[PDB]
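A look at one PDB structure holding lumacaftor.
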Amino acid sequence: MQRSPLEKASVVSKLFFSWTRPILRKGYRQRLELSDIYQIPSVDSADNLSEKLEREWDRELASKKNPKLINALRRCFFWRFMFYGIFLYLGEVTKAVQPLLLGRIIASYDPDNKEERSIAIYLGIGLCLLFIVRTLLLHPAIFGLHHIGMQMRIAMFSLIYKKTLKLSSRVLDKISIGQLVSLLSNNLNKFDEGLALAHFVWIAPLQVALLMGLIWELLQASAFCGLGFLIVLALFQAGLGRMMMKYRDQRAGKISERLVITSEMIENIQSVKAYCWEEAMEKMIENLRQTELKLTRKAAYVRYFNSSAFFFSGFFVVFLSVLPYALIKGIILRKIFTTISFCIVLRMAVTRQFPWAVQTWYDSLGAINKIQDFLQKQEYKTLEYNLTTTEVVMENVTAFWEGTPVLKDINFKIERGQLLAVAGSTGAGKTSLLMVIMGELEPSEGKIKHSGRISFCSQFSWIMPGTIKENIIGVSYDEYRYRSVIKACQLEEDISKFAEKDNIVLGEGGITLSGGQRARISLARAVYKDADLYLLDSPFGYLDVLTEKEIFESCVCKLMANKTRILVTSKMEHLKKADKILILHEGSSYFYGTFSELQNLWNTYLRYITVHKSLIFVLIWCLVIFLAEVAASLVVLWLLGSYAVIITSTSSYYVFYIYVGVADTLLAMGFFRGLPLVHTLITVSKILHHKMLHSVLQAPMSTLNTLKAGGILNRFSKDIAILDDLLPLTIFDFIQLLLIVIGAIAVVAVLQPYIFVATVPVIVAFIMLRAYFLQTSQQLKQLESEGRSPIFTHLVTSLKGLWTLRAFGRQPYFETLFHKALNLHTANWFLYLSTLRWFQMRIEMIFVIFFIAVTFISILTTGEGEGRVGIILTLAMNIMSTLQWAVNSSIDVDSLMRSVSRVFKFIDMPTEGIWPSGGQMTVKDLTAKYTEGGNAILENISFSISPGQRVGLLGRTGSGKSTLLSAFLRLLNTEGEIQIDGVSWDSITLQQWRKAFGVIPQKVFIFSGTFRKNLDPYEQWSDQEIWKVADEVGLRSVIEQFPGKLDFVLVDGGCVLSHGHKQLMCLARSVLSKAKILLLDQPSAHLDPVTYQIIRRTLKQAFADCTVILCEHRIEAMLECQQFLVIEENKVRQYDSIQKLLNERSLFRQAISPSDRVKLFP
Ligand SMILES: Cc1nn(C)cc1S(=O)(=O)NC(=O)c1ccc(-n2ccc(OCC(C)(C)C(F)(F)F)n2)nc1N1C[C@@H](C)CC1(C)C
Ligand SMILES: Cc1ccc(NC(=O)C2(c3ccc4c(c3)OC(F)(F)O4)CC2)nc1-c1cccc(C(=O)O)c1
Ligand SMILES: Nc1ncnc2c1ncn2[C@@H]1O[C@H](COP(=O)(O)OP(=O)(O)OP(=O)(O)O)[C@@H](O)[C@H]1O
Ligand SMILES: Nc1ncnc2c1ncn2[C@@H]1O[C@H](COP(=O)(O)OP(=O)(O)OP(=O)(O)O)[C@@H](O)[C@H]1O
Ligand SMILES: CC(C)CCC[C@@H](C)[C@H]1CC[C@H]2[C@@H]3CC=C4C[C@@H](O)CC[C@]4(C)[C@H]3CC[C@]12C
Ligand SMILES: CCCCCCCCCCCC
Ligand SMILES: [Mg+2]
Ligand SMILES: [Mg+2]
């Protein structure tokens, strides 16, 4: 990774962009490597840009009553922005005066024009210098504006992320992940290219004033008749832009709603497969796409008329201004052609450059104001303190999540070094109590007083990407402390069974880990940090009795006996070793005191075209009409082979020049062709999205584990939007230009078969340079597109762990990691944008030398009479002016076609592919492994389950209990044989095999949607049945506390619910499914013994029949099981009674609670 060559480039090298030569030569022959990409220039580093704009934005907040973000942007970039505007203007003025020189050179071919001939050579010298100046003025200026826009985007994106880490929890409900991704993705490439267009909001009016005075010289008052037509088009295009904005704004809300639902289902893909919810989720997303695709089409129709105004105005603007003059006095062909030359530039300013500039300001200012509102949102108030009385005291705190208070009149005092136990039922407010202490939930009444040093362990374990060792420690590294906590947390046994010991690369959310392993890593992280108060929100949920006992008596009670700590626990054996006990019920303190006190009381193009047959028929329809237009032109043109229009034998060559200047209107695609073309291009994107989503839900789990969350969102957000908005119009413009060039050459070749010969050297030169450039351009665009994924990945993980980020104070670390993602994307994007400027500058320089060669040859060969070489050659160069536009348009199409190839790559992902009456199942030689060629988790497992009995699956955390349950459903690589009721799993199809099971996953899955939709996504059960199940599982009181009884929309994964309420939701689904074989993966993870009775009574009433495989850790749930399966050292051991199982194991029964002990051994 070498230093940027721009740093030491010479002045001439900067001007011509010659410093890009090394990578253009390397990428042509062989593929680019990681070492070929240079570092970013220091000026556009994210760190420097963020500090610059932040320093100026703070001045507005302290100097003006109405702080504006645009004023801070002006103070940073205005003078460079306006500096490039004057050179862009001068290049366009050089363009406006070209017909003054070129028109006289063309007139010198007529022997009658003796005045033009006398100075023809001097006009050639001036014309050549005109071309050179224009080339050197435009391209450096346009690239300078591109660089300013890139720096503006980077600076604004850093401020957005820094604000995100400060947002208050009360506004987090209203800010979804889809909203933030939409804001970033929409401006990722659009914003940077916009600054090249912004200056035309004032350049174009000045061009119109200049050109109208030159047209006035020819046609005195008749000129204004053509201007009035352009004013009508200007008002028409202004109305089109306002309609397009209206449709786009209405569509924005549905796009954000789609992205959040798409992210949720792919994160929980394993639960989706186990439930067999692929069909329901596809139909759910399909209805969201349908509503937003209607607004896409209406916007696309309006944008057709906006982009067709240029081509259709070519004839009428000239005709309206030539006709009144010709009727009063005769007009010569020379004067007609000169009017056309000026009007070509005039039409470009009015109908192409100005409205695009106006729309750019609407887009940029719309995004700036949207970001400005985000930067002023409510901020998290950190009430940190330097010191205290070394104790924490709470005084009659009442809190609301907003009419029922979550907490009321809570008070307690905890002296230094004491342990407080928090008890209660499900939904009693035990988690909310800890949120208020942290300052994450502001109370409406009461006060809290303690020191600022707090350590926090969440009930929902969050794992940041990186190393296991990197998760436990912060940026500091104390080896003696690291070994201490790892031993006390019982992590040594699990670490020794890993390929990298403790240097394993964990994914986002720790997919590769077990449920209880994530709990231990979350607990070890909290105890490693030095603090005054320790908040532990039930870390013993997913742990067995033996591991729980060891950790409690060796880490909580031993390593931190002299530090204040609060423990949420439902075990009576933990209460006996706590200094004080608090019992919550409905948010009220049911009891406060001591224990004793309580005791007493290339191929992408072809595949894109042929995916929909309707597109092929529309293209043929366009082709047939085009042939008739060319044929009609031939007839009328060949037919031409005091009068209103004066023609002479020596002036007849102007006829072909006039045709070329108006060919863009005769060959324009009318609404009979433009509208159906754009309409059918949108149906292609509709089909591709359905195929892409379908294949993702069908891929094997091994493939999906390698995909990162931000790489999934990158394709479904950015690429899909490109196929909807940009590609249909970019293809239309390319097709229009190609037909114009093809038709113009075809018409003049048959009548004059030397123009076709003269244009071959120019055509081949353009094609050869295009082929050379595209070898490197396609690789850089691929690297830049893949550089957007790390930005989205970092955004997702920061929102999921926001509370843990603030608690441990690691905000500066995450801000630095976000700058790495920005700098990584900038390196590829800047390099891609630089080589593109080289190509577009060279394509114009190639045009210049051919025009210079033509100019001098034409003038010198023109003898005393006539001169035919100049007539032919100057016509050929007029045609090649349009091909230059077509070639540049072809590069834009190929840039967008990279998004098509990335979509097809996901579609090509491989697919993973009265019977249930008894429930008997036999297993033979089952071997389970997560990856092919990986280590096995289970080996040669064999057992049999008789029909109708219940089985207890036991074992230590991380032994492979969840692996065994996943092996039944073929969620991993299996090598055994399983026969349910006599049929082998190989014979019957996978889709039928999984439908025989009713599953309760260990990881609960709740998506953004109605209560009714979560319980029943296929809508196959009535409301009465749903309420009937809600009675059995105890969910009526939970539902009725919400405004909508089965109509309330759950958001953010159901954050409104408590942890134990999500368990009852998963129990409700299993009872409603009514499957013969049931696989329950610890259905009572955090329930207190009171709520566990709901599981116990459902186990014998709803599941009175059927074969039930329990996977519980609590000993009380083993009284109902006939058989027992014990996993240890990758092997299953079968028992027939619980007493014989515990007879052989001493340490296991030493950890059993005395209450359960007497129930097992009377
Ligand atoms: C080497 C190298 N390899 N690569 C990848 C980049 C580089 S380069 O940037 O160093 N040079 C070139 O790349 C380069 C520089 C100038 C030119 N010019 C074409 C006309 C022209 O006249 C200029 C003109 C008289 C109009 C005036 F001057 F008056 F304006 N000049 N062509 C260049 N090319 C080299 C090949 C890659 C293809 C080709 C022919 C287009
Ligand atoms: C009076 C004025 C002068 C210069 C600017 N712009 C700039 O200096 C820069 C810029 C910013 C956004 C852009 C843009 C260029 O080009 C775009 F891509 F189109 O978007 C170089 C930063 N802006 C204004 C202005 C407009 C509108 C409102 C206000 C206001 O104070 O309310 C101020
Ligand atoms: N996707 C995966 N890829 C690789 N290894 C995995 C994966 N999922 C789990 N493992 C590993 O396989 C082993 C067993 O997994 P685990 O779910 O299966 O056991 P468990 O008995 O269910 O644990 P717990 O009681 O904590 O839920 C562990 O070492 C775990 O780290
Ligand atoms: N973000 C929230 N917005 C609104 N209500 C909430 C929110 N979080 C929790 N609640 C509600 O507040 C009550 C208590 O929440 P909960 O976390 O706090 O208690 P808990 O004792 O920790 O329960 P559990 O044992 O299930 O973890 C419940 O009625 C729950 O539905
Ligand atoms: C960029 C702008 C502000 C430059 C100046 C614009 C105006 C003042 C210029 C642009 C073109 C100019 C005209 C060009 C040609 C002629 C014909 C000549 O026989 C009389 C002057 C006259 C009619 C000029 C008058 C001034 C004019 C209309
Ligand atoms: C150089 C381009 C400046 C563009 C200024 C846009 C108009 C701003 C008007 C003031 C806000 C209402
Ligand atoms: Mg809780
Ligand atoms: Mg498990």
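Since chain A takes its numbers from the PDB entry, the residues it shows come out as 1-402, 437-507, 509-636, 846-885, 902-1173, 1203-1451. Counting starts at 1 for both ligands and their atoms, in listed order. The figures that follow rest on heavy atoms only: side chains count, while hydrogens, waters and symmetry mates do not.
- For lumacaftor, every matching ligand or chain, copies included, can be listed as ligand 2.
- The chain that lumacaftor touches most here appears in UniProt under the name Cystic fibrosis transmembrane conductance regulator.
- Listed by atom number, the atoms of lumacaftor under 4.0 Å from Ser364 heavy atoms are 17 (C), 18 (F), 19 (F), 20 (O).
- Protein heavy atoms are found inside the 4.0 Å sphere centred on atom 14 (C) of lumacaftor.
- From the protein, the heavy atom lying nearest to atom 32 (O) of lumacaftor is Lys68 NZ, 3.6 Å.
- From the protein, the heavy atom lying nearest to atom 30 (C) of lumacaftor is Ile70 CG2, 3.7 Å.
- When hydrogens are left out, the protein atom nearest atom 27 (C) of lumacaftor is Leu365 CD1, 4.0 Å; that is the closest non-hydrogen contact.
- Scanning the protein for heavy atoms near atom 10 (C) of lumacaftor, the closest one is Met152 CE, 4.3 Å.
- Taking UniProt's transmembrane segments of chain A in order from the N terminus, the ones with heavy atoms closer than 4.0 Å to lumacaftor are 1, 3.
- Protein heavy atom closest to atom 16 (O) of lumacaftor, with residue, atom name and distance, is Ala198 CB, 3.3 Å.
- The distance from lumacaftor to the heavy atoms of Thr360 drops below 4.0 Å at these ligand atoms: 18 (F), 19 (F).
- Near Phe77, the atoms of lumacaftor lying under 4.0 angstrom from a non-hydrogen atom of the residue are 21 (C), 22 (C).
- The ligand atoms of lumacaftor that sit less than 4.0 angstrom from a heavy atom of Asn71 are 31 (O).
- Scanning the protein for heavy atoms near atom 7 (C) of lumacaftor, the closest one is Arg74 CG, 4.1 Å.
- Interface of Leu73 with lumacaftor, defined as ligand atoms under 4.0 Å from a residue heavy atom, comprises 22 (C).
- The protein atom (non-hydrogen) at minimum distance from atom 6 (N) of lumacaftor is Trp361 CH2, 4.1 Å.
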